[PDB]
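Shown here: VNRX-5133 (bound form) bound to Beta-lactamase.
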Amino acid sequence: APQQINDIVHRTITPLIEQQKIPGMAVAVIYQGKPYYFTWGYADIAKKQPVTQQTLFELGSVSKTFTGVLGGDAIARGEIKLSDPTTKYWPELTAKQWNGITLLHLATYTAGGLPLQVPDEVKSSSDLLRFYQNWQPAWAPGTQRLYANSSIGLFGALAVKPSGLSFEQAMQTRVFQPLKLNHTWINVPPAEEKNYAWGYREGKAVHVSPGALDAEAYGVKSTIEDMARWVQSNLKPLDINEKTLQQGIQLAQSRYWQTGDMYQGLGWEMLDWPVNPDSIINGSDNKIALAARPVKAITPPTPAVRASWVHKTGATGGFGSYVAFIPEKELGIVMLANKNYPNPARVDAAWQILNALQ
Ligand SMILES: NCCN[C@H]1CC[C@H](CC2=N[C@H]3Cc4cccc(C(=O)O)c4O[B@@-]3(O)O2)CC1
Ligand SMILES: [Cl-]
Ligand SMILES: [Cl-]
Ligand SMILES: [Cl-]
Ligand code: NA
Ligand SMILES: [Zn+2]
Ligand SMILES: [Zn+2]
């Protein structure tokens, strides 16, 4: 890598790892469109297995960017429209509170207060129907954004129904395979388990536990190389030869709602570039990111703006991930760690690196 990249990465990430007690970390810096890889520490402490470019990390809610792009691809195929009612895809959802809730609302957390988590008691198809049939909205649809797995998770499950594929098969066939993300998994196969890092929480080695709609909301695992390729693909969608996927990437970066200086895409979140770094850093704290806030609709949605900071945080019990990129500058970063450490620390480090390189 160029010396300027090596320098800023050492001076930013090694102290972050020191400050936050991160056991293992992988970073890709995309500079002039090309990834440069860095690793530190251990994927498995007790085995003394190092983080490598093949180590799988849990992406947590960075998975929602895959779900958003898969939904965009379905839009580009004509399989769904965001204005469609939820009940078009799930007719058994006969409870009246669902009248007026569209796929757009599910995808963008604006259905009116669907909860952050699907309850752990939901273990069967009938349990899930019962949960949504009995959910009572706090607000009218299209007025308040409340970040929620039960919202975008249901969006992803319904968006694949016209294809006839399971969510996993749709994601594999329509996103992972065309982009050559050959080490990205919803379910890690037995022969790849040797590369699956442990997450660390309060000194204990942990992996994400199964839950309803986990694949759609938080269940993807990937390597630093595949995640760099994901960033490259979202930086430069015209490089993608599959037109529906090129367009799905673009649609996931369209601006559907605004709250303050933040815009909601499909999975991705965006701000105008140049960005006020304090807004992305502070806005990433869960006290804010998880709070309900009023949204203003953007109709028609703004087509993807290349002068944007586009990003997403992710967490599981044992992992913390962050992706950010700036299409206009051909500049991005992926930070994968096997500890869930505070979001503002992630965003600050990402800002420091990308700001030094623009
Ligand atoms: N399709 C809904 C028909 N109206 C019904 C109107 C009463 C409402 C009770 C309620 N629950 C909260 C969430 C909510 C949802 C939709 C509309 C509103 C509204 O105030 O208009 C709304 O406001 B709330 O404070 O009022 C139940 C629905
Ligand atoms: Cl130094
Ligand atoms: Cl998979
Ligand atoms: Cl977890
Ligand atoms: Na699952
Ligand atoms: Zn140093
Ligand atoms: Zn050190």
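So for chain A, numbering is the PDB entry's, and the shown residues are 4-361, in order. Order of appearance sets the numbers: ligands from 1, and atoms from 1 within every ligand. Looks like X-ray crystallography, 1.4 Å, at least that's what the header says. Scope of the values below: all heavy atoms of this structure, side chains included, with no hydrogens, waters or symmetry mates.
Counting every copy, the structure places VNRX-5133 (bound form) at ligand 1. Taking every heavy atom under 4.0 Å from VNRX-5133 (bound form), one finds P140, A141, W142, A143. The UniProt annotation of beta-lactam binding in chain A and a heavy-atom cut-off of 4.0 Å around VNRX-5133 (bound form) together pick out no residue.
According to the deposit, the organism of chain A is Escherichia coli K-12.
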